[PDB]
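First up is the structure itself, then whatever we jot down about it.
Chain naming is simple here: A for the first sequence line, B for the second, and so on down. Numbering, chain A: per the PDB entry, residues 1-285 in sequence. Residues 1-285, in that order, are what chain B shows, numbered as in the PDB entry. First listed ligand is number 1; within each ligand, the first listed atom is number 1. Just so you know, these numbers use all the heavy atoms, side chains as well, and skip hydrogens, waters and symmetry mates.
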Protein chains: 2
Amino acid sequence: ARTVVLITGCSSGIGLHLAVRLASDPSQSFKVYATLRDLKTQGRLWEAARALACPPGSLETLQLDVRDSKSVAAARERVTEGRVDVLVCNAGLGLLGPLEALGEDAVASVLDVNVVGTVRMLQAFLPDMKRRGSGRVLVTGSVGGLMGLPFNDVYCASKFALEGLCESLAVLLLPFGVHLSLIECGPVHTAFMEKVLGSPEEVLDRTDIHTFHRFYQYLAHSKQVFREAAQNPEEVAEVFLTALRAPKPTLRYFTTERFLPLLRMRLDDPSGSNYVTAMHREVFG
Amino acid sequence: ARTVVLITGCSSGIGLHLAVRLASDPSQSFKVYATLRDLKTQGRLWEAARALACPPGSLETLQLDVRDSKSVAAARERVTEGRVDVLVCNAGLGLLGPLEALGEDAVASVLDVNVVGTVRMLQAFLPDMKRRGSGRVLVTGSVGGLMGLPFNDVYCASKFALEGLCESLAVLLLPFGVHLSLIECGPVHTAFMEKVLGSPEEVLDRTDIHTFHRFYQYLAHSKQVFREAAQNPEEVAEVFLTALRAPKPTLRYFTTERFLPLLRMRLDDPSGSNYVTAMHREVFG
Ligand SMILES: NC(=O)c1ccc[n+]([C@@H]2O[C@H](COP(=O)([O-])OP(=O)(O)OC[C@H]3O[C@@H](n4cnc5c(N)ncnc54)[C@H](OP(=O)(O)O)[C@@H]3O)[C@@H](O)[C@H]2O)c1
Ligand SMILES: NC(=O)c1ccc[n+]([C@@H]2O[C@H](COP(=O)([O-])OP(=O)(O)OC[C@H]3O[C@@H](n4cnc5c(N)ncnc54)[C@H](OP(=O)(O)O)[C@@H]3O)[C@@H](O)[C@H]2O)c1
Ligand SMILES: C[C@]12CC[C@@H]3c4ccc(O)cc4CC[C@H]3[C@@H]1CC[C@@H]2O
Ligand SMILES: C[C@]12CC[C@@H]3c4ccc(O)cc4CC[C@H]3[C@@H]1CC[C@@H]2O
């Protein structure tokens, strides 16, 4: 009867806010399974659930490690209703710093969670939706998935990957009645460092002095972009709802038009020369 | 004196042809290190080298596994000249089939070689080029790195990833005098299956009958696109040379204009609705 929704990465940010937005919806039409990698981080979720007074049984927490298919299979199994009407692939890791300063482990982790982890969720949940000829999948994208940002080389690699992943799939799913949609967010309030980097001593030991200088410049710039452009996760969460209510969802939703013009010069110069120059002066003056 | 060039994935295709194109250049200005994952596959390379009469000492073969940084460090070490003037990140794996039918291992492998393997090469070789304030990096892209293709979900994920990887880096490298360039190839002659898939019994056991039907349709279509549009690796290899001779290289080179219009409707409809529909009818009629 209710729309069963399964969301990944609900310890914070978009995922946590989206879970509570849905479970507490005045209409009581959503049954929400908020998954989290470690159950010890579930308190912020329950505290938000109490604030928005989610009624008993509208929200459940599941431990789900997207880097593990047995974990993915186990949470799938936990879906009491026997079907998921809306799957939200939200789990994600950030990674910021000079390429040469990133640990191999850190690099592999990011793609394993952002990319292979989404592939796992889709392998486990699409089969059933295709069968029923129904279901919606929302994947949280990023402006960094649409244009390259310096010092976010690997993060962007993973976000650009999701675009390719979802776009290829969408061309196939079109006739199965299964809708997949990317929600492209610009910066969103509630974070730290920006994503994840190392101490300046760590980064200095791992890079040249000039790249180290550039990094600082990028960080100062990003901090200002967040200050003047960051959105409340409440406003971003509502975009996920606009997408899931669309009788005919598009492949892509943007939570803001703020980056569209920059996305435009990128789109209008296939060679990438205009964007690289524009983004260079935009960050490094 | 000579331009030291190190190329990855030279057992076949673009990499093999590019190595011999350079080593045999009438000007004898390139010193080429052609790397290969397994040295047992080096015969096609030496046979091509003899056909184009590469002079003694213009070409050397190195075993390099991009999935292993110790292997990456060892080949770096083997560069007798102590510098690489041109790095060509060419090594790549394809992967074709319904998402649900791909092995987790196969999925992780593809991103490990196409994405993390390129990250490894760049971590190992960029530092020195940045220091000298010179060097060129050419990365072999794909039309699948610019637009999603059905049944190539993971392959596209990895090719789209490289775009994000190289684009972020380019915005940073601009002032270090280091040039990075993606060479976007459409289909190129000398392949098998298209990239890599499983036997129809394997794929049927792993997917629904309708998706199985769609796959066949995609395969028939791709085979026709190859037949009518595939380029000789000789013509594709020359584009790498156009890029490396450009006094001011752009971020992106296209080996053909054949897919630009389709790339256009993709660029002109940010929501992705036009491209998904256009590509759907293009493949599945
Ligand atoms: N933060 C921003 O400024 C911003 C901007 C644009 C787009 N976004 C996007 O939104 C997503 C999440 O960002 P957010 O902080 O706003 O929300 P979020 O819901 O906190 O997503 C990040 C989450 O990933 C989860 N995660 C980490 N490792 C995991 C693993 N192995 N398995 C499963 N889940 C794992 C974490 O909690 P769990 O314990 O639940 O797993 C965490 O909640 C990303 O995909 C990102 O592109 C965020
Ligand atoms: N084939 C096409 O139709 C086509 C079309 C468009 C773009 N391209 C692009 O060109 C690249 C190569 O395709 P190609 O067949 O034309 O040329 P290629 O030079 O044969 O590249 C594929 C190569 O990857 C190498 N490789 C596989 N695993 C590796 C590993 N672990 N470590 C290092 N190298 C590994 C293989 O030989 P080694 O033993 O040398 O390593 C193989 O030669 C890809 O990145 C692809 O995007 C090809
Ligand atoms: C990549 C993000 C969107 C694009 C943002 C951006 C966009 C443009 C720009 O000039 C700088 C930055 C810095 C912070 C970036 C954000 C950090 C988190 C978010 O996902
Ligand atoms: C992805 C590739 C470029 C784009 C090609 C394409 C492009 C358009 C299209 O309608 C179908 C195909 C099938 C084969 C694809 C190719 C297979 C190898 C190559 O890299």
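Measured by close contacts, the chief partner of ligand 4 is listed under UniProt as 17-beta-hydroxysteroid dehydrogenase type 1. The drug observed at ligand 4 carries the PDB name estradiol.
Other chains whose heavy atoms approach estradiol (ligand 4) within less than 4.0 Å: B.
For atom 7 (C) of estradiol (ligand 4), the closest non-hydrogen atom on the protein side is B:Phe259 CE2, 3.6 Å. In this structure, the protein non-hydrogen atom closest to atom 6 (C) of estradiol (ligand 4) is B:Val225 CG1, 4.2 Å.
Looking from atom 17 (C) of estradiol (ligand 4) to the surrounding protein, the closest heavy atom is B:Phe226 CE1, 3.5 Å.
Distances below 4.0 Å separate heavy atoms of B:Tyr218 from the following atoms of estradiol (ligand 4): 13 (C). For estradiol (ligand 4), the atoms sitting less than 4.0 Å from at least one non-hydrogen atom of B:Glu282 are 10 (O), numbered in the order shown with element in parentheses.
Among all UniProt-designated active-site residues of chain B, the one at the smallest non-hydrogen distance from estradiol (ligand 4), rounded to 1 Å, is B:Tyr155, 3 Å. Within estradiol (ligand 4), the atoms closer than 4.0 Å to a non-hydrogen atom of B:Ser142 are 1 (C), 20 (O), numbered from 1 in the order shown. With a heavy-atom cut-off of 4.0 Å, estradiol (ligand 4) reaches these UniProt substrate-binding residues of chain B: B:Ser142.
Protein heavy atom closest to atom 1 (C) of estradiol (ligand 4), with residue, atom name and distance, is B:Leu149 CD1, 3.3 Å. Using a 4.0 Å heavy-atom cutoff, B:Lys159 is absent from the residues neighbouring estradiol (ligand 4). Contact atoms of estradiol (ligand 4) toward B:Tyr155: 1 (C), 20 (O) (distance under 4.0 Å to a heavy atom of the residue). The closest approach between a heavy atom of B:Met279 and any atom of estradiol (ligand 4) is below 4.0 Å. Within the 4.0 Å heavy-atom criterion, neither part of B:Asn152 lies near estradiol (ligand 4). Apart from estradiol (ligand 4), the ligands and ions with atoms under 4.0 Å away are ligand 2 (NADP nicotinamide-adenine-dinucleotide phosphate). Here is the list of estradiol (ligand 4) atoms found below 4.0 Å of a heavy atom in B:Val143: 3 (C), 4 (C). Remark: minimum distance from atom 10 (O) of estradiol (ligand 4) to any protein heavy atom is reached at B:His221 NE2, 3.0 Å. Note: no N/O pair closer than 3.5 Å links B:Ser222 and estradiol (ligand 4) by distance alone. Other-chain residues and nucleotides with a heavy atom under 4.0 Å from estradiol (ligand 4) are B:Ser142, B:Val143, B:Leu149, B:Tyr155, B:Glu194, B:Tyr218, B:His221, B:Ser222, B:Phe226, B:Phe259, B:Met279, B:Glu282.
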